[PDB]
**Student:** 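One structure, pasted below without further comment.
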Amino acid sequence: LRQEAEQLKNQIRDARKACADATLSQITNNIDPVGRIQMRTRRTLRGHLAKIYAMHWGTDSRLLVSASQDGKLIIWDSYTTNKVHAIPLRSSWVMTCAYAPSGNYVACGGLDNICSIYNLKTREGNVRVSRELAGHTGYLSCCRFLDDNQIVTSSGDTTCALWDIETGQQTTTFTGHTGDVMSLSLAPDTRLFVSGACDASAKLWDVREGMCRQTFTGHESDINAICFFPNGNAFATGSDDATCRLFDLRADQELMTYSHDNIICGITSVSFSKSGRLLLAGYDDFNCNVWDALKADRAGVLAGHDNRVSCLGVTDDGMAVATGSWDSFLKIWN
Amino acid sequence: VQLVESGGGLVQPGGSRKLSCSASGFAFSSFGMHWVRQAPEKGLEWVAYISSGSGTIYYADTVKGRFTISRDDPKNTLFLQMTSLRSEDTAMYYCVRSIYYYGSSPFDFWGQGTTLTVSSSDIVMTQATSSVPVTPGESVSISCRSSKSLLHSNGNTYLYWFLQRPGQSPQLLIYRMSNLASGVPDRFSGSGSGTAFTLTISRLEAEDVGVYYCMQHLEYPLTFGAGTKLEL
Amino acid sequence: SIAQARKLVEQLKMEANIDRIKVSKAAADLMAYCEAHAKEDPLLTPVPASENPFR
Amino acid sequence: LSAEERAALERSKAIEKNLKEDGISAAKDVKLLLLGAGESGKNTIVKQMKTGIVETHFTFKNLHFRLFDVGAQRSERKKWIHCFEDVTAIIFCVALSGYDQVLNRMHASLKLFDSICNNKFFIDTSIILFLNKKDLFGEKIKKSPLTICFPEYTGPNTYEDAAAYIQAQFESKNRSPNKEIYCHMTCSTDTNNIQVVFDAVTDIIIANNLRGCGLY
Amino acid sequence: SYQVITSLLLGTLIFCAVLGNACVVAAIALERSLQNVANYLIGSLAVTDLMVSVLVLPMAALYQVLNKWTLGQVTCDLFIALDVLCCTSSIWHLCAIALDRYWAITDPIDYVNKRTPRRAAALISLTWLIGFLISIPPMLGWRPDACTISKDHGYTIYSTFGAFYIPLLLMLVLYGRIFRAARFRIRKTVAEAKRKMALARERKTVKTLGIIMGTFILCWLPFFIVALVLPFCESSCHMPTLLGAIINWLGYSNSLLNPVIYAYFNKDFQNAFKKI
Ligand SMILES: CC(C)CCC[C@@H](C)[C@H]1CC[C@H]2[C@@H]3CC=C4C[C@@H](O)CC[C@]4(C)[C@H]3CC[C@]12C
Ligand SMILES: CC(C)CCC[C@@H](C)[C@H]1CC[C@H]2[C@@H]3CC=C4C[C@@H](O)CC[C@]4(C)[C@H]3CC[C@]12C
Ligand SMILES: CC1(C)CC(=O)N(CCCCN2CCN(c3ncccn3)CC2)C(=O)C1
C-alpha cells in the first residue's frame, strides 16, 4: 500500500498546486507595509533562577504563568511585576505551561511525561496539584486548556491527547505524527487544534472527531513552535531550519515563508499580534524577530535577552508581548 | 476552612487578656489575618492586622498600644494580647482570613468569634439607611457612601460587603466593589462608583435576612458602615 | 505492516477529501482580517502612553 | 500603592525570598546526567548510588548529587538534551560484555557516546564513563574474541588488553581539551562506584576552578 | 617640557588605570554572567584600583610633576591616608583572590557547599579593614612642601610588613599550594596527545603564576624594599630622585596592571566585553 500512499500524496500535492492561483507574497505588494516595529521592554520579570522553557498569558492580559527548570511555576502580575504565586513542581523538568482561560488552573509538564493541573483558586490559600495526567509515554512539550475540564497535551511519544481533567482520562488520542510533537495551538473556537512535530510536519486535528483533518509539510527540520492566526483560518510554525511558514487551513497550503539570510538558528516560539499582521518568532540567536505576516519582512527585533528566547506570548488584548528565555528572565514588550 | 477564636469572658477594667484563634484547614501562614470586633449591639470595627509572615502590623487608633496582634504560624494560631481593657473593649472579636494578591478575595472567611466582656483622617463609611424591612422574592438595593473616593488610580474600588446573619459570623459577599465572592449566590451585585455604592439583591430569600456592612480597604484604618439590617 | 499501511492510506484518503479554496482567496481573507483589525492591534499601532498599562 | 497593593507587594517579596532560598539550596547540588543504552549497567550503578525521568538523590561525603536517569525517554534526545546542559558530569554506562551481542550493542554504545561527547550542549561537560559487567566481559573474552565488534583490533585477546582497547575507543570520541572522560571498570558487584563518581566530580570541580584561574 | 612630558606620561597612566578599572567594574555590574564570588573579588580589586587611580594618582601625579606638595597639610594627611589605605587594600585584594582560588582548587566541597558571595564580601571587608589598620596610625599616634609617609621605625615595619611582606608571604604560600594542586591534577590526567596536553597545561600554570606573582613583585617589591630600608638608612642609603620616583610609580602601575591580569586576561571577561 506504499505505492497507493505515495500516489495519494502526489495527487494531494497536485490539488494543492491547483489552488496556487496567486501567492500571498504577490497580493500584498500593493498594500502599505508596517514601517518598523520598535518595541521596548516594559517589565522584566526576575525570580526564575534557571532556564525558562514556557510562559503563558492569562486571558485577562495581566497575569502570566511561567515555567522554568528550577522547579518553580511562577504566576506574574505583569502590570506590577508582582509574583502572585510560586508553584513548586514535583518534577523540575518542566517543558510547557498553560494557564486556563478561566484563570482557575495552570498546567505544566515535561520530562516526567505528566500534565499536572494546579488549582490556583482553592478554599485554602495554597496552589495545590489538582490532577496529574498520566498516560503519555514521552515528555510533554505543550499543553493548552480547552476549558476548566478539558486540556489538550502534546508529547514526545509522537501523540497528542485530549484529557478529561476531572476523570484524569485521555478522552481522545491524536496519533499520526511520526516524530516528537513539540507544540500545540488551539483554534479560537477550540473545535480543532494544530500541532507541529519533529517529522517536520504540522497536522490539523479535530478535537471532537479525534482525527487529523490536514497535514502540512513545508518545513525541513523539527517544528518547535506553532500558532494559529487570530481568525483560526491559518497558522504559523517555527522550526529548527530557521524559517517560519504560514499555512492556511482552507487553502491547505503554505502561504508565506518567514526567513532571512543572516538567521540560521532554530525558532523556539511563534505568536501573532491581535490583528495577526505581526508574527513574533523567538529564535536561538537570543532575540525575537517581528515579521510582517502579510509581507514576510522583519518589522523589528526584540533584542534584550542574553540567552535563547524559549517562549513568547501575546496578550489577548494585544497590548504586550512577553518573551521568556534561557537567561531566566521574562520581558514584557510594548 | 476553620477559624476558632478562643478567650473572652469577664475581665475587670484595666486588666489584660490574650485572644487566640486556632486556624485549621487552610494555609494560615500565607494569609494576612485580622481582628474585627463588634460591640453587643453595634456594628463591625476592625481591630488589628498582622500580614502573612508578621511583616506588617496595623492597629485601630482606639486599641493601638493597648493591643498587640501576633501569629504562631507553626501552630496556626493568631493572637491578640489585650492590655488595659476599657469598657469599650466589650465586643465579639472575629478573626478574619485575608489574602492579598492580584484578584484575591480578602476577608472571605471569618471565625466564630469570642465574646469579651469588660466589667463595670480615617475614611468615614456611612451607609445611612438601617433596619430596612423587605419581603421574600423582592429586589432590594443597599446604599453605601464613603467620605473619600474608594476608587484607586489602579482601577480597583476597595469596598467590601459583608452579611452578619442573626447569630452568625460575617460573610463576605462582594470583596472589591462589583466582585462577587465565592459561594455567594449570584443574586447579589456590586455597583456604585467613586464615593457612593449600592449592593443589590435580585431576589432575596430568607437566607438573605441579616445585617449588611460596608468596609473600605483603600487606606488601612479599615472602617465599616453601621449595618443596614434587613428584616422580614 | 499491513495495518500501518492501510491506516496511512486511509489517512491520506481523508486528506484528499478536503475542499481546498484558492490560495488567492485565502490570502485575501488573511489580509482582510489584518486590515479590519489593524486599529485593534496595540503592537502594530502603538497605543498612547496613557492607554498603555505597561508604562 | 493601595493597602491591598502593599500587601500584594509584600507577598511577592516573600515569594522572591523563598525563591532565593530555594535557588541557593539548589545551586549546591551536583547534577549528574545518567546516560546509556538499555541493558548497560545504568540500573546497577543506580542501585549502588541508592514515568519519564527518574531522579536519584544521594549525598556522599558532604556533597549532594542529583542523578538524572532519563532512560525512559525513548524519544529524540536533542529535544530535551539541553535540559541537562548544566550538569557537572554525564555518567555514561557501557556494557563491556556487549561486543559479542547485537541490538551491535557495543557499536551502538560507541555511537551514543560520540553523539553525546560532541553534542553542542556538552562541549565542556566531562563524562564519568562506566565500563560495566567486567566479570561478564572477562568470562566472554577468553572464548569470544574482540573481533566480532572491532575488526581492526589487531591486538591480543586477553581481558586486560581488550578492555583497555574498548576504553580507548570510547575515549577517542572526546575530541575536546576542556572535558575529561573518567573511565572506570565495574563488575556489577563492587560497592565502590559511589566513590568513583565522587572522585570524578571532585576532579571536575578542581579542574574547572583551575581553568577559571588560568591554571588549566 | 619636563613638566609637560611627565604630565602626559602620568596622565596617560592615570587615564588608562581609570578606564581599565572602570571597565572591569562596568563589565561585572552589567553582565550577569560575570557576577561570581571570584568575579566579585576581581571587581572589588578593580574598585580599589579605581579609587587609587581617582584619588591618589591625580594628587600623586601633581606632586610628581611639581616635585612639591602645593596643596595643604591636611590635604597631605588625607593623601597619605588614602594612599596607604587604597594600596594596602589592592595588595590584600590580591591576597583575597589568591585565597579564594586556593579554596576553590583545594576544597571543591567547600566551593560547592559553603562558598557564597557572603565570603567575597567578608574578604573585601577584610582587605579594606587591613588597609584602614595600616593607614590610620599615622593619623592617630605614630606621626613642608613635601608629603611623605611617616618615616618611623615601628610604623615602618608595621606598614611594610602588614601591607606587603605578610601579603607577599601569604600569596607565595597560597600560590605555591595552588601550583602543587594544579600539578597534581595535571599528573592525574597524565597517549602522547594526553601527555603533550599535560605538559602544555603545566606550562600554562607556570606562566599564569609567573604573570601574577611577577607583576605583583616587580610593581611593589622595589617599593617596600626601599620603604623598609630607607627608614633605617639614616645616611648609608640615599635615594636618587629618578629611581625613587620610578619605584613609587611602579607601585602605582600595579593598579594599572591588576585589571589586565585578573580581568582582561580572563576569557569570561573578554567574552563579556565582546557582549557589551
Ligand atoms: C611594570 C611591568 C613590567 C610589571 C609587570 C611584570 C611582568 C610584565 C613580567 C615580570 C615577571 C615576568 C614573568 C616571569 C615568569 C614567567 C614565567 C614564564 O614561563 C613565562 C613568562 C613569565 C610569565 C613572565 C611574564 C612577564 C612578567 C610577568
Ligand atoms: C605599562 C606600565 C605598567 C609601564 C610602567 C609604568 C611606569 C612604571 C612608568 C611609565 C612612565 C614612567 C614615569 C615617566 C616620567 C617620570 C618623570 C621622572 O622625572 C620621574 C620618573 C617618572 C615619574 C616615571 C616613573 C615610572 C613611570 C610612571
Ligand atoms: C615620587 C614623588 C615625586 C611623587 C609622589 O607621588 N610621591 C608619593 C609617593 C607615595 C607612594 N605610596 C606611599 C604609601 N604607600 C604605602 N602603601 C602601603 C603601605 C605603606 N605605604 C603606597 C605608595 C613622592 O613621595 C614624591
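The chains referred to below are lettered A, B, ... by the order of the sequence lines, with proteins before strands, and numbering in each begins at 1. When a ligand or atom number is given, it counts from 1 through the structure's own listing order.
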**Student:** Drug name at ligand 3?
**Tutor:**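 At ligand 3, it's gepirone.
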**Student:** Would you let me know which chain has the most contact with gepirone (ligand 3), using the name from UniProt?
**Tutor:**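 Most contacts: 5-hydroxytryptamine receptor 1A.
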**Student:** Give, by letter, every other chain that has a heavy atom closer than 4.0 Å to gepirone (ligand 3).
**Tutor:**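 The other chains with a heavy atom that near are E.
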**Student:** By chain and residue number, what forms the binding site of gepirone (ligand 3) with heavy atoms closer than 4.0 Å?
**Tutor:**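 The heavy-atom contacts are E:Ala60, E:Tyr63, E:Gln64, E:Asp83, E:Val84, E:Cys87, E:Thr88, E:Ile149, E:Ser159, E:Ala163, E:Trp220, E:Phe223, E:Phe224, E:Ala245, E:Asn248, E:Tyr252.
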**Student:** Among all protein heavy atoms in this structure, tell me which lies nearest to atom 1 (C) of gepirone (ligand 3), with the distance rounded to 0.1 Å.
**Tutor:**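 Here the closest protein heavy atom is E:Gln64 OE1, 3.3 Å.
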**Student:** Considering only non-hydrogen protein atoms, determine which one is nearest to atom 19 (C) of gepirone (ligand 3) and report residue, atom name and distance to 0.1 Å.
**Tutor:**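 The answer is E:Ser159 O, 3.2 Å.
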**Student:** What residue and atom, counting heavy atoms only, is the protein's closest point to atom 16 (C) of gepirone (ligand 3), and at what distance?
**Tutor:**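 Here the closest protein heavy atom is E:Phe223 CE2, 3.9 Å.
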**Student:** For gepirone (ligand 3), which atoms have a heavy atom of E:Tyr252 less than 4.0 angstrom away?
**Tutor:**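 Contacts of gepirone (ligand 3) toward E:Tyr252, numbered from 1: 9 (C), 10 (C), 11 (C), 12 (N), 23 (C).
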**Student:** Going by UniProt, which numbered transmembrane segments of chain E, first one at the N terminus, have a heavy atom less than 4.0 Å away from gepirone (ligand 3)?
**Tutor:**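 UniProt segments with a heavy atom under 4.0 Å: 2, 3, 5, 6, 7.
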**Student:** Below 4.0 angstrom from a heavy atom of E:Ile149, which gepirone (ligand 3) atoms are there? Numbered from 1 as shown, please.
**Tutor:**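 Atoms satisfying the 4.0 Å criterion: 20 (C), 21 (N).
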**Student:** Just which atoms of gepirone (ligand 3) are under 4.0 Å from any heavy atom in E:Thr88?
**Tutor:**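 Numbered from 1, gepirone (ligand 3) contributes 18 (C).
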**Student:** Which other ligands or ions have at least one atom under 4.0 Å from gepirone (ligand 3)?
**Tutor:**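 I find none.
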**Student:** Look at atom 14 (C) of gepirone (ligand 3) and say which protein heavy atom is nearest, naming residue and atom and giving the distance to 0.1 Å.
**Tutor:**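 Looking at atom 14 (C) of gepirone (ligand 3), the protein heavy atom closest to it is E:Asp83 OD2, 3.5 Å.
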**Student:** List every atom of gepirone (ligand 3) that sits less than 4.0 Å from any heavy atom of E:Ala163, numbering the atoms from 1 in the order shown and giving each element.
**Tutor:**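 Atoms satisfying the 4.0 Å criterion: 18 (C), 19 (C).
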**Student:** Where is the nearest protein heavy atom to atom 25 (O) of gepirone (ligand 3): which residue, which atom, and how far?
**Tutor:**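 Nearest neighbour among protein heavy atoms for atom 25 (O) of gepirone (ligand 3), to 0.1 Å: E:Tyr63 CE2, 3.7 Å.
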**Student:** Which gepirone (ligand 3) atoms are under 4.0 Å away from a heavy-atom of E:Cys87?
**Tutor:**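 Answer, ordered by atom number: 17 (N), 22 (C).
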**Student:** Among the UniProt-annotated serotonin-binding residues of chain E, which have any heavy atom closer than 4.0 Å to gepirone (ligand 3)?
**Tutor:**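 Those UniProt residues with a heavy atom under the cut-off: E:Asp83, E:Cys87.
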